[PDB]
Novice: 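Here it is: the structure, laid out below.
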Amino acid sequence: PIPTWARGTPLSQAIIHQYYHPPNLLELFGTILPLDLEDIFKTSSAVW
Amino acid sequence: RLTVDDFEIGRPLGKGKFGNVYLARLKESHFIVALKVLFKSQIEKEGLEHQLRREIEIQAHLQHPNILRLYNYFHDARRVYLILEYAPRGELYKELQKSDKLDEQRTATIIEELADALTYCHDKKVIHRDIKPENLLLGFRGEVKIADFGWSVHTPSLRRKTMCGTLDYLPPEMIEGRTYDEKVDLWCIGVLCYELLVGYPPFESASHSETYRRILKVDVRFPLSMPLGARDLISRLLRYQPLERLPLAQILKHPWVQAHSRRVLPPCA
Ligand SMILES: Cc1cc(Nc2cc(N3CCN(C)CC3)nc(Sc3ccc(NC(=O)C4CC4)cc3)n2)[nH]n1
């Protein structure tokens, strides 16, 4: 059973809405913190 | 802040083909996303700990309308969660499979969009190394979203050696084991442009070995129906010598791209 928001005309309308009314993504999702492999599990490529 | 419980799941995407990917939305704001779930056990079993880190750092650093956005990631004891942009028209490969090929206008538009995204990437010292139809998703108005960063690398020096990508798209300098730079991406734009207009890639063959030889010889065979402007663009990108290839800035100004591109920019503000 697929939620009603996630198909048909309701998804179409929400997609339209989101596309033309973009939100503030920062306050919605925050900064992306550096990935700490030690906490997750246990060269020039990091110089931005 | 964010955890699994801040999202409602809508439905699975891609039928397992792309892993555990769901249409979802924030419970509060109803902002729609693709949520990708990775099992840590499975990452560890495939020793992809470092590839995960790489992919996330690169994706985090890239904000462009033709690059599929990573909004953020989080993790619980058992899983890693990527909060990715939802591309509502899905896969270019599917779109390509409807007609087996694309018209000048849709192709030109994709070319302009990739040259723009990759200008942005190269200016940040990111080389993609795997541009091809199957790595591209489609936005609300049909705008290309570079969606896979598996072979991508951040290299300030723009010097690398690793064999990367996909057989039919491999540039000659990689096959030759030379040092290479950002110009591997220009080669792939050329292969892509050919494949979208013709329906098959230009070096395709029955074996890996024969494909390698076609690539090294730049054995491109244009069908007679190929529009003249596209033939020009492709022949100027599919060059053996990397520096002879049409640079991104000249791709964007190419008369065929100018004439047939109908690129739209996503709204903002
Ligand atoms: C990540 C992502 C995926 C999307 N959108 C979609 C959309 C889609 N659709 C199925 C076909 N209808 C007609 C439209 C919606 N089917 C897939 S099936 C699919 C699922 C995942 C991926 N790719 C990845 O997960 C890679 C990037 C990490 C590609 C296709 N993905 N937006 N963002």
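Chain letters run alphabetically, one per sequence line, in listed order. Numbers in chain A come straight from the PDB entry, and the residues shown are 841-882, 892-897, in order. Chain B uses the PDB entry numbers throughout; the residues present, in order, are 37-305. Reckoned from all heavy atoms, side chains included, excluding hydrogens, waters and symmetry mates. Method reported for this entry: X-ray crystallography, 2.2 Å. Every number for a ligand or one of its atoms is a count from 1 in the order of the listing.
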Novice: Can you identify the drug molecule modeled at ligand 1?
Specialist: tozasertib
Novice: From the contacts in this model, which chain binds tozasertib (ligand 1) most extensively, according to UniProt?
Specialist: Aurora kinase C
Novice: What chains, other than any belonging to the drug, come within less than 4.0 Å of tozasertib (ligand 1), counting only non-hydrogen atoms?
Specialist: B
Novice: I'd like to know the organism the PDB gives for chain B, please.
Specialist: Homo sapiens
Novice: Please could you name the atoms of tozasertib (ligand 1) that B/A70 approaches to less than 4.0 Å, counting only its heavy atoms?
Specialist: 1 (C), 2 (C), 33 (N)
Novice: Just wondering, which UniProt domain of chain B does tozasertib (ligand 1) mostly touch?
Specialist: Protein kinase
Novice: Is any N or O atom of B/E127, backbone or side chain, closer than 3.5 Å to an N or O atom of tozasertib (ligand 1)?
Specialist: no
Novice: Side chain, backbone, both or neither: which part of B/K130 comes within less than 4.0 Å of tozasertib (ligand 1) when only heavy atoms are counted?
Specialist: neither
Novice: Counting only heavy atoms closer than 4.0 Å, does tozasertib (ligand 1) sit against the backbone of B/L173, its side chain, both, or neither?
Specialist: side chain
Novice: Among residues UniProt annotates as active site in chain B, which lies closest to tozasertib (ligand 1), and at what heavy-atom distance, rounded to 1 Å?
Specialist: B/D166, 11 Å
Novice: Is it the side chain (CB and beyond), the backbone, both or neither of B/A123 that lies under 4.0 Å from tozasertib (ligand 1), heavy atoms counted?
Specialist: both
Novice: Ignoring hydrogens, just give me the one of B/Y58, B/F54, B/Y122 whose non-hydrogen atom is nearest atom 29 (C) of tozasertib (ligand 1).
Specialist: B/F54
Novice: Identify, by atom number and element, the atoms of tozasertib (ligand 1) in contact range of B/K72, meaning under 4.0 Å from any of its heavy atoms.
Specialist: 28 (C)
Novice: So, does B/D184 sit close enough to tozasertib (ligand 1) that a heavy atom of it is under 4.0 Å from the ligand?
Specialist: no
Novice: I'd like to check which tozasertib (ligand 1) atoms, numbered from 1 as shown, lie under 4.0 Å from a non-hydrogen atom of B/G50.
Specialist: 18 (S)
Novice: Number the atoms of tozasertib (ligand 1) from 1 as they appear, then name those within less than 4.0 Å of a heavy atom of B/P124, with their elements.
Specialist: 14 (C), 15 (C)
Novice: Taking the minimum heavy-atom distance to atom 33 (N) of tozasertib (ligand 1), which of B/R47, B/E121, B/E170 ranks first?
Specialist: B/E121
Novice: Which residues define the site around tozasertib (ligand 1) at a heavy-atom cut-off of 4.0 Å?
Specialist: B/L49, B/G50, B/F54, B/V57, B/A70, B/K72, B/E121, B/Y122, B/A123, B/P124, B/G126, B/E127, B/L173, B/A183
